[PDB]
Engineer: 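Lab note: structure loaded, ligand of interest is zanamivir.
Within every chain, numbering begins at 1; the chains are lettered A, B, ... in the order of the sequence lines, protein sequences first and strands thereafter. When reading the values below, keep in mind they use all heavy atoms of this one structure, side chains included, and skip hydrogens, waters and symmetry mates. Whatever order the structure lists them in is the order used to number ligands and atoms, beginning at 1.
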Number of protein chains: 4
Amino acid sequence: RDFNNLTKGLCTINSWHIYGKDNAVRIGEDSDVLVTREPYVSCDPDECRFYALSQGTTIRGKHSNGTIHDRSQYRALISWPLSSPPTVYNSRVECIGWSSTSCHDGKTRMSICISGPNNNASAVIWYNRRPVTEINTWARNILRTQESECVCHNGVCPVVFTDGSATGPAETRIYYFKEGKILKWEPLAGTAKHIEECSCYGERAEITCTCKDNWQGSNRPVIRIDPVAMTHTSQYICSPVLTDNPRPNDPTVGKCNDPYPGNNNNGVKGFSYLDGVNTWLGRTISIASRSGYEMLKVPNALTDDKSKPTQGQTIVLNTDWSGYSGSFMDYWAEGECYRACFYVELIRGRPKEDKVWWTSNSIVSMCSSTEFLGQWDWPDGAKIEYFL
Amino acid sequence: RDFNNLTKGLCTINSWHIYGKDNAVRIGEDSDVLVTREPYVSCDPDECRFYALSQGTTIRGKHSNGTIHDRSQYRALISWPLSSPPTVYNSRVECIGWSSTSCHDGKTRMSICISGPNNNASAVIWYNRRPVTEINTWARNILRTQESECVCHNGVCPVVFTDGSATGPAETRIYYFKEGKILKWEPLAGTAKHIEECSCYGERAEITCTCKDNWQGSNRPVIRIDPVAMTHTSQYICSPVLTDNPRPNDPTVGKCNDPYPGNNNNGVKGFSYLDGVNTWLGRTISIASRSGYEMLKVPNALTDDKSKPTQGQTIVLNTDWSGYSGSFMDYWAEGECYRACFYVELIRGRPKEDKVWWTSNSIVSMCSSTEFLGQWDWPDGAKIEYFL
Amino acid sequence: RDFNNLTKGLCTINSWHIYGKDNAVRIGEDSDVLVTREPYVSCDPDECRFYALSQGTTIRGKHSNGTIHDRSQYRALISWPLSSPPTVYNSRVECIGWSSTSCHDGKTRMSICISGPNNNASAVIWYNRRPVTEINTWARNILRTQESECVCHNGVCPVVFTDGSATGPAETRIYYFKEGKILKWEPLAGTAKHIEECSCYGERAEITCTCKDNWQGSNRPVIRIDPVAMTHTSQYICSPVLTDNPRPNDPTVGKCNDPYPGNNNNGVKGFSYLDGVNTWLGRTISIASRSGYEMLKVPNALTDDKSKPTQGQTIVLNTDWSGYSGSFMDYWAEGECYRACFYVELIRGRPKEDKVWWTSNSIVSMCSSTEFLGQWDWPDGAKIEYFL
Amino acid sequence: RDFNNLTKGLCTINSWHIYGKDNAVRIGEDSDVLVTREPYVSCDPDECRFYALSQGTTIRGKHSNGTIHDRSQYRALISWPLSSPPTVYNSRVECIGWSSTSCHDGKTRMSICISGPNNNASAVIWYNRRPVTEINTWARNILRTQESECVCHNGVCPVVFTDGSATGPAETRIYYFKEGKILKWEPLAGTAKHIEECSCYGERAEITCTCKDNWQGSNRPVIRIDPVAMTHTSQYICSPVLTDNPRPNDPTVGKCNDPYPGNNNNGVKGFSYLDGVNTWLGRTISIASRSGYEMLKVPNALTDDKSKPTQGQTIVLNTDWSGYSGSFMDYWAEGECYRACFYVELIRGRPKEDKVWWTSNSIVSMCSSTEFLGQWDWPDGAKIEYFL
Ligand SMILES: *[C@@H]1O[C@H](CO)[C@@H](O[C@@H]2O[C@H](CO)[C@@H](O[C@@H]3O[C@H](CO[C@H]4O[C@H](CO)[C@@H](O)[C@H](O)[C@@H]4O)[C@@H](O)[C@H](O[C@H]4O[C@H](CO)[C@@H](O)[C@H](O)[C@@H]4O[C@H]4O[C@H](CO)[C@@H](O)[C@H](O)[C@@H]4O[C@H]4O[C@H](CO)[C@@H](O)[C@H](O)[C@@H]4O)[C@@H]3O)[C@H](O)[C@H]2NC(C)=O)[C@H](O)[C@H]1NC(C)=O
Ligand SMILES: *[C@@H]1O[C@H](CO)[C@@H](O[C@@H]2O[C@H](CO)[C@@H](O[C@@H]3O[C@H](CO[C@H]4O[C@H](CO)[C@@H](O)[C@H](O)[C@@H]4O)[C@@H](O)[C@H](O[C@H]4O[C@H](CO)[C@@H](O)[C@H](O)[C@@H]4O[C@H]4O[C@H](CO)[C@@H](O)[C@H](O)[C@@H]4O[C@H]4O[C@H](CO)[C@@H](O)[C@H](O)[C@@H]4O)[C@@H]3O)[C@H](O)[C@H]2NC(C)=O)[C@H](O)[C@H]1NC(C)=O
Ligand SMILES: *[C@@H]1O[C@H](CO)[C@@H](O[C@@H]2O[C@H](CO)[C@@H](O[C@@H]3O[C@H](CO[C@H]4O[C@H](CO)[C@@H](O)[C@H](O)[C@@H]4O)[C@@H](O)[C@H](O[C@H]4O[C@H](CO)[C@@H](O)[C@H](O)[C@@H]4O[C@H]4O[C@H](CO)[C@@H](O)[C@H](O)[C@@H]4O[C@H]4O[C@H](CO)[C@@H](O)[C@H](O)[C@@H]4O)[C@@H]3O)[C@H](O)[C@H]2NC(C)=O)[C@H](O)[C@H]1NC(C)=O
Ligand SMILES: *[C@@H]1O[C@H](CO)[C@@H](O[C@@H]2O[C@H](CO)[C@@H](O[C@@H]3O[C@H](CO[C@H]4O[C@H](CO)[C@@H](O)[C@H](O)[C@@H]4O)[C@@H](O)[C@H](O[C@H]4O[C@H](CO)[C@@H](O)[C@H](O)[C@@H]4O[C@H]4O[C@H](CO)[C@@H](O)[C@H](O)[C@@H]4O[C@H]4O[C@H](CO)[C@@H](O)[C@H](O)[C@@H]4O)[C@@H]3O)[C@H](O)[C@H]2NC(C)=O)[C@H](O)[C@H]1NC(C)=O
Ligand SMILES: *[C@@H]1O[C@H](CO)[C@@H](O[C@@H]2O[C@H](CO)[C@@H](O)[C@H](O)[C@H]2NC(C)=O)[C@H](O)[C@H]1NC(C)=O
Ligand SMILES: *[C@@H]1O[C@H](CO)[C@@H](O[C@@H]2O[C@H](CO)[C@@H](O)[C@H](O)[C@H]2NC(C)=O)[C@H](O)[C@H]1NC(C)=O
Ligand SMILES: CC(=O)N[C@H]1[C@H]([C@H](O)[C@H](O)CO)OC(C(=O)O)=C[C@@H]1NC(=N)N
Ligand SMILES: CC(=O)N[C@H]1[C@H]([C@H](O)[C@H](O)CO)OC(C(=O)O)=C[C@@H]1NC(=N)N
Ligand SMILES: CC(=O)N[C@H]1[C@H]([C@H](O)[C@H](O)CO)OC(C(=O)O)=C[C@@H]1NC(=N)N
Ligand SMILES: CC(=O)N[C@H]1[C@H]([C@H](O)[C@H](O)CO)OC(C(=O)O)=C[C@@H]1NC(=N)N
Ligand SMILES: [Ca+2]
Ligand SMILES: [Ca+2]
Ligand SMILES: [Ca+2]
Ligand SMILES: [Ca+2]
Ligand SMILES: [Ca+2]
């Protein structure tokens, strides 16, 4: 109808309720489920759907062998109905590639897929299910993007891309798209020293992105975008409650403008909701691997370098595999505020479970409640032994 | 369009005709059918669909092992086209959880799923396919609901929940929802001593629920709700024709305000249509197990403590497995009266058929006819031996 | 929109072109295709679909064993997209039963399914996907109907039913339905001595049905219905070109008002287009079994007792299995005339191919062309050996 | 709405970006994917879909044995969602046959399928999903058509057919259809000596078709059609950069009005975009087999007999199997110009990979970019060994 405008602020997050879960790996043990990774969730005005990068093969299919690899010509961004598994028969291909983002601007959806060899990748921006714009690699080193939904405001949908090294300074750009066309792009500015895989959400005409500093930071870089002025700033979450993985143990004081040291060249896509006292951080429980998942209320995490948790909720037990996580909200829901939501990728297979030759995942997602709900843990649920 | 109003009375029930049957277990022996239990049927203004709690695995899948269990993080309320089986590819997830209810108010549908550990469960109320309200457990002991459709009147859709013991007094509540929001809730009142799994239907601005007294009663508790005044009453079906299972043999006089004794801490979800002489009771044929199913016309069953059958119809032979049963009607059909309908869950597998490691079911459903139709029996139809 | 009216006459049939073919048995050798029999085709104003009686199991499924049987509680009328196979995932159940008919009146569709034991069957008439009317068996001996589409005119859709013996006189009735309700029913009248499985089509406000005399006739009975006056007549196709199966060799003179003798208590559903010189008869090539299929132009077959073929077209080679056949037309096509169409059921499995324990079929269908097209033969295409 | 008119010229082609890829053979190793060949892509005003000739069996199905054959009664034109594989469950049959074409005129789609024995084939023209016209073979020798989309202008959709020898002069006809009806047909005229499988596109009220001279030419014949005057001309691409396969090595001067010699009675469906300096030719890399695929910018190829490449892009490595290729464009996209697109059929199985008994393919497709994008190669991706 009309372009959506971020007119509401976040609802108060007092707990998290179950939103969606597809049990993909369980079901896929005996049905035609596509092998995936890098999933997310994204809403249209009339429906919310699960998204992910397919590996172009079923889990039980012999071609599942080798899917630990990140970029092949057989991957594609696919979407499928909320809480269903990604099957050969119900998956809709949005575009071809090995890194993506997607978002609805209120009128129609924009989807972006990047494909190519490491030194010659390119992104193609689709809008209303048609290719509209293409961007060639600018640093010739794995052009890559969010791996979760972008956010739009009055037709303007900003997207964060990175091209260059994963273990040294790279060239991060913020592109402002409108109807699939480029209105403007900026180089990254601010104090964030490295950016990859931004998880974004919007509220009151501002877009907040919690990304990852793969090079040096165990605290997360944050990019705040003004989609009207089409400008932004960057910093790190000041809080001592470190949220990347792997990471060192939590200190008593964090860092606001530099990566918190202790772990280099590694990390996991993650997210946060930074809203003063209504601030919640997500993170793996393990400091060593993609294991477990919890939500911690850390009032003023973004700006308070000594902020520590005041409440929390366990999403996945430390004895269960987690993975990537990101933000999304249903901007077309009823009510006076936007309800914060997120998903956690539950990785199964390689490298942690090497008795099988594949790597895939299932999805679990939650949204906020103003109630103080009881908690449950939500594991993938599959028995690897069955696949042997 | 406009909210539906219960303006019609029931059609005269002279017999029951076949409405839907999915042969899920038969078909699922060689196709991707999800393992389920606790099914029901529910209509929208333009379509009627089968509903059930999936176990997050196919019947032939190795994860089918263990599905006798009631509550896991892998269950979800799903719906699928009338008379089709619940397949991985045609099942639509309504919400995540292990106890549910759902109903269309004329404009859109409300679905409720409860999930959690036994001492920390919570219900999330979805409306127009979005989460709107959440209710935390109040007795910290398996918050649970209907397992069949709720009914709406002018936007108000009452739902019965129980939290607390299954073998002693519990805390039953009646919530009146409108657009997924809570308008009001009452504690159970009346003479019903325990309530679980209410089967409801509406006619002439009144909602009748036939539930189950798991603690002491072999006769069924009945809750009648006024959705305008948002008030209710409770009692038991007075009739000597006992309809719970297991149960003692039928006496010559029943009980109107206390559970009829003989069997404790057990029972099965069931239903009835209480409409003076146009009264029909459903029940398993066996007094010991979920075996067989019959419909008995027991004029004035609700209020006459010596009422006995005047007509009847066999739905499932005592040599076939039955299970849960419940009411639903198509409130958007043509004509001057609402046609009473019900479904019977045909349980296969554990605990009765333990040569297989799974528990699932198929569905059979009937609706009333003003004709006096010939009867047939409708078994699940699957041969367990094939699954060995 | 508005009820359809049979305002056009038939197009001139100079040959038959390929319309649809689903290759169900071939494809079903390695995919989830339902076992069926008694198929047909029927159009809605915006789509034409394949219809059939499912057996409630896949072909490869173990429950396929025994599907040679005609009536079980596991059968249902299903429809699926033109030329696709009837799969577990794309089949839409219209109603439950073992004998059916269905037709669109221009506004919505009426579907009829009969279920029951032999001595207590009943038909339930569905309209706009809801049950509206029920009719109890009147002769207590396998109430049965067309097994192909009915035809409507200004809301009135006549249907032919038979109840009673298959090898002696029975009670045949013509019901005139409008919006699923009974307007009137007549007993069969005319000279037809036995009626079963009528194949009907309409043109210029008249409905012609070519049925089968299972008891004594090798020539086919024909019922012509006036859907306005709601009256009918009956006779046999006068032609010496006999079209039932099994049957005696063709004589040089047929019979107009009595069954042509030579074969008792047996036959196959078949059809014809009786339109003066524009007359075409379908029949199996073999006089002994459901083998082969051909179309023969027999000018004035209905009224000329010495009429013999003037043109012809082979549909299925005598070295291939055929089966039932029937008429349908797309009454919502463009143009000035209705294009005659028909389908042939290609039966595979039992009783002719007993190395497998199942019985199923695929469908081939043709429509007329005013051109004189080259002919091809259209077999089922499956290799039984593969199923062993 | 209104008939589409070719009002735009081509966008400038500076490179090719990835459009769609279904990885059919990979996925089909463990899911219900139909065996196909002769694929293409075609757009409707609201969706673009993959098309192909099914073989009426799955790849893993036993009936896949023998699918190297071209024409059987089990083939049909099917379409399915962009980038999905052609599965039993998501494939929509457009018509029955072994040679086809299809195109949307802006209001609705016309699809054409030819079926029959070699000496008695016939084409049936479907419009708005109904059969409208039939054309009988005129040379009684494999009536055949494009195997890719046709193009329409103001309701007029020209189609090229060939009937007669594959190794000598044949009877090629250009039919001008409007709403499935024949407006006019011409015999081929111009200097093209043999025509088969035309790949067409339209721009500025002109339709260009790049076909194949199976008899003598290694350069490609080109037919330019005026769909208003309903007239055409024919010649060959003058360029020395030869684009058929098999073929001799490239000379330094080509031929404008006669087949370039060196290879007889063989070839592959191919295409080109002839637009002055904005000219791009597609071809297999190997001169001996359907191996590899590249796009070469050959300014003025059509008219310059010494034109050689000025830019290029590799689509498939010479160490990977290719096959047929053709043109299509989304005539309903936004913007001021039509974006040239094409697909390459990636053939797997027989005759080149004879360890398996089947022949099938997957599809890869690209569209033009005005950017100068980095290139990647796009192979089928399946491991034949897995199928053994
Ligand atoms: C039914 O459901 C309800 C609703 O969920 C249940 O109630 C919930 O119970 C939760 C578990 O107790 C609780 O979650 C905790 O909240 C704590 C905050 O609350 C407390 O402190 C505040 C502030 O003073 C008080 O106001 C309040 O009253 C409480 O006393 C958090 O601090 C908890 O998180 C910390 O502990 C968990 C382990 O339990 C860690 O996994 C987590 O990371 C936190 O601890 C690490 O991080 C901090 C910060 O740096 C460190 O200081 C600390 O040492 C830990 O650090 C190590 O571990 C991390 C992670 O591995 C590592 O990286 C680091 O290096 C170190 O090695 C926790 O979030 C909910 O708030 C509470 N909800 C409600 C509404 O009450 C109820 O129990 C259920 N009922 C039943 C019967 O089960
Ligand atoms: C073609 O189709 C038609 C249509 O369906 C067929 O006709 C139907 O036939 C049915 C079977 O006969 C019939 O159903 C019965 O109706 C009885 C009521 O009618 C009779 O009594 C009235 C009242 O006086 C008369 O007016 C009327 O004319 C009849 O004479 C019911 O009483 C029957 O139910 C009882 O029996 C069945 C076993 O048959 C039990 O399963 C059932 O539970 C009922 O009996 C138990 O319960 C009562 C009540 O407490 C006890 O008193 C009794 O002892 C039984 O109790 C034991 O069993 C229960 C259950 O296991 C247990 O819990 C308890 O402790 C005890 O152990 C039955 O419902 C249809 O009405 C009739 N329909 C029509 C329209 O006519 C026709 O036959 C078919 N044709 C052919 C050729 O087959
Ligand atoms: C390319 O395609 C075109 C288009 O299809 C091909 O041309 C077609 O060729 C067809 C085959 O020749 C032809 O079909 C036949 O038409 C005959 C009628 O035409 C002839 O007679 C008329 C009338 O005098 C002439 O005007 C006309 O010029 C012709 O001469 C039919 O009579 C044929 O059917 C009979 O034969 C077939 C066997 O071929 C039987 O299966 C069929 O049942 C008919 O014969 C039985 O029935 C009659 C009637 O009672 C008996 O008299 C006769 O003895 C047979 O009876 C036995 O068999 C039956 C069935 O098993 C059994 O029940 C009974 O008891 C007996 O045992 C046939 O229909 C098309 O008309 C013709 N089409 C056109 C447009 O030309 C062309 O060939 C193809 N090109 C190539 C290269 O292949
Ligand atoms: C990142 O991505 C970018 C973007 O893709 C990459 O840059 C591209 O690189 C491509 C490969 O170099 C390049 O493609 C070539 O373009 C040549 C034309 O450009 C050159 O000449 C012009 C004209 O003078 C100059 O202006 C320009 O500056 C260049 O110097 C083509 O000529 C190339 O095609 C020919 O070679 C390939 C093999 O490489 C053949 O397969 C192809 O068929 C062509 O050669 C055959 O045909 C010609 C014509 O008859 C014959 O003369 C020749 O001998 C060959 O003939 C044999 O082979 C054929 C086929 O098998 C056979 O039939 C015949 O009989 C003979 O046996 C080629 O197309 C892109 O243009 C370029 N793009 C851009 C924007 O720059 C960049 O490299 C990537 N980065 C990294 C790090 O990888
Ligand atoms: C069910 O009853 C309510 C009246 O209680 C109907 O609601 C009125 O509907 C009309 C048209 O929408 C409005 O102008 C009135 O204000 C509505 N509501 C109330 C609460 O007064 C409703 O239309 C009835 N539903 C149907 C299907 O007739
Ligand atoms: C079929 O015939 C009936 C007339 O018998 C048409 O019905 C009339 O339709 C118009 C418009 O709906 C009404 O105003 C008349 O009262 C209708 N009915 C009768 C029974 O008089 C009907 O429209 C015709 N169908 C079509 C498609 O033309
Ligand atoms: C473009 C790409 O391949 N990105 C990688 C990502 C990346 O390698 C690291 O962030 C370092 O740069 O790591 C991971 C990962 O799980 O750590 C998955 C991503 N997979 C995909 N998006 N396909
Ligand atoms: C919430 C829950 O687990 N409810 C149980 C129900 C319950 O245990 C008894 O009524 C006693 O309270 O029993 C049964 C049952 O088949 O008897 C199934 C239900 N299964 C599910 N709804 N998942
Ligand atoms: C109602 C019923 O079972 N009808 C039978 C039909 C019938 O038995 C004979 O016509 C004699 O009456 O025969 C056949 C048949 O193939 O000959 C199939 C039908 N199958 C089904 N419609 N299910
Ligand atoms: C009508 C028909 O069978 N056409 C053939 C085509 C043809 O044989 C040659 O062009 C020579 O005439 O060859 C090929 C081919 O791959 O070379 C495939 C086509 N397959 C199909 N369209 N089914
Ligand atoms: Ca890091
Ligand atoms: Ca009880
Ligand atoms: Ca007969
Ligand atoms: Ca399978
Ligand atoms: Ca050639």
Engineer: Can you tell me where to find zanamivir in the structure, every copy?
Structural biologist: ligands 7, 8, 9 and 10
Engineer: Just trying to sort out this structure - which chain has the greatest number of contacts to zanamivir (ligand 7), name per UniProt?
Structural biologist: Neuraminidase
Engineer: Which other polymer chains sit within a heavy-atom distance below 4.0 Å of zanamivir (ligand 7)?
Structural biologist: A
Engineer: Note the single closest protein heavy atom to atom 21 (C) of zanamivir (ligand 7), along with its residue, its atom name and the distance in Å.
Structural biologist: A/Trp98 O, 3.4 Å
Engineer: Examine zanamivir (ligand 7) and decide if any of its atoms is less than 4.0 Å from a heavy atom belonging to A/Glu197.
Structural biologist: yes
Engineer: Hey, which organism does the entry list as the source of chain A?
Structural biologist: Influenza A virus
Engineer: Side chain, backbone, both or neither: which part of A/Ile142 comes within less than 4.0 Å of zanamivir (ligand 7) when only heavy atoms are counted?
Structural biologist: side chain
Engineer: Say whether A/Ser99, considering both its backbone and side-chain N or O atoms, lies within less than 3.5 Å of an N or O atom on zanamivir (ligand 7).
Structural biologist: no
Engineer: If you have a sec, work out which protein heavy atom is nearest atom 5 (C) of zanamivir (ligand 7) and how many Å separate them, to one decimal?
Structural biologist: A/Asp70 OD1, 3.8 Å
Engineer: Do me a favour and list the nearest non-hydrogen protein atom to atom 22 (N) of zanamivir (ligand 7) with residue, atom name and distance?
Structural biologist: A/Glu147 OE2, 3.0 Å
Engineer: Considering A/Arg37, A/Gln146, A/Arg71, A/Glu196, which one's heavy-atom position lies nearest to atom 10 (O) of zanamivir (ligand 7)?
Structural biologist: A/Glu196
Engineer: Name the closest protein heavy atom to atom 15 (C) of zanamivir (ligand 7), giving the residue it belongs to and the distance to 0.1 Å.
Structural biologist: A/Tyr324 OH, 3.0 Å
Engineer: Under 4.0 Å, heavy-atom basis, I'd like to know which part of A/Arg290 is in contact with zanamivir (ligand 7): side chain, backbone, both or neither.
Structural biologist: side chain
Engineer: By chain and residue number, what forms the binding site of zanamivir (ligand 7) with heavy atoms closer than 4.0 Å?
Structural biologist: A/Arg37, A/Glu38, A/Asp70, A/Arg71, A/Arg75, A/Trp98, A/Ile142, A/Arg144, A/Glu147, A/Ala166, A/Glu196, A/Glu197, A/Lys212, A/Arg290, A/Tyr324
Engineer: For zanamivir (ligand 7), find each of its N or O atoms that sits under 3.5 Å from a protein N or O atom, and tabulate the pairs with distances to one decimal place.
Structural biologist:
unit_1               : atom_1 : unit_2   : atom_2 : d
zanamivir (ligand 7) : 3 (O)  : A/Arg71  : NH1    : 2.7
zanamivir (ligand 7) : 10 (O) : A/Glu196 : OE1    : 2.5
zanamivir (ligand 7) : 10 (O) : A/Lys212 : NZ     : 2.7
zanamivir (ligand 7) : 12 (O) : A/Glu196 : OE1    : 3.1
zanamivir (ligand 7) : 12 (O) : A/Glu196 : OE2    : 2.8
zanamivir (ligand 7) : 13 (O) : A/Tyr324 : OH     : 3.4
zanamivir (ligand 7) : 16 (O) : A/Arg37  : NH1    : 2.8
zanamivir (ligand 7) : 16 (O) : A/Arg37  : NH2    : 3.2
zanamivir (ligand 7) : 16 (O) : A/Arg290 : NH1    : 2.9
zanamivir (ligand 7) : 16 (O) : A/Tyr324 : OH     : 3.3
zanamivir (ligand 7) : 17 (O) : A/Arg290 : NH2    : 2.8
zanamivir (ligand 7) : 17 (O) : A/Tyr324 : OH     : 3.4
zanamivir (ligand 7) : 20 (N) : A/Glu38  : OE2    : 3.3
zanamivir (ligand 7) : 20 (N) : A/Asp70  : OD1    : 2.8
zanamivir (ligand 7) : 22 (N) : A/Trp98  : O      : 3.2
zanamivir (ligand 7) : 22 (N) : A/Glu147 : OE2    : 3.0
zanamivir (ligand 7) : 23 (N) : A/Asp70  : O      : 3.0
zanamivir (ligand 7) : 23 (N) : A/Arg75  : NH1    : 3.4
zanamivir (ligand 7) : 23 (N) : A/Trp98  : O      : 2.8

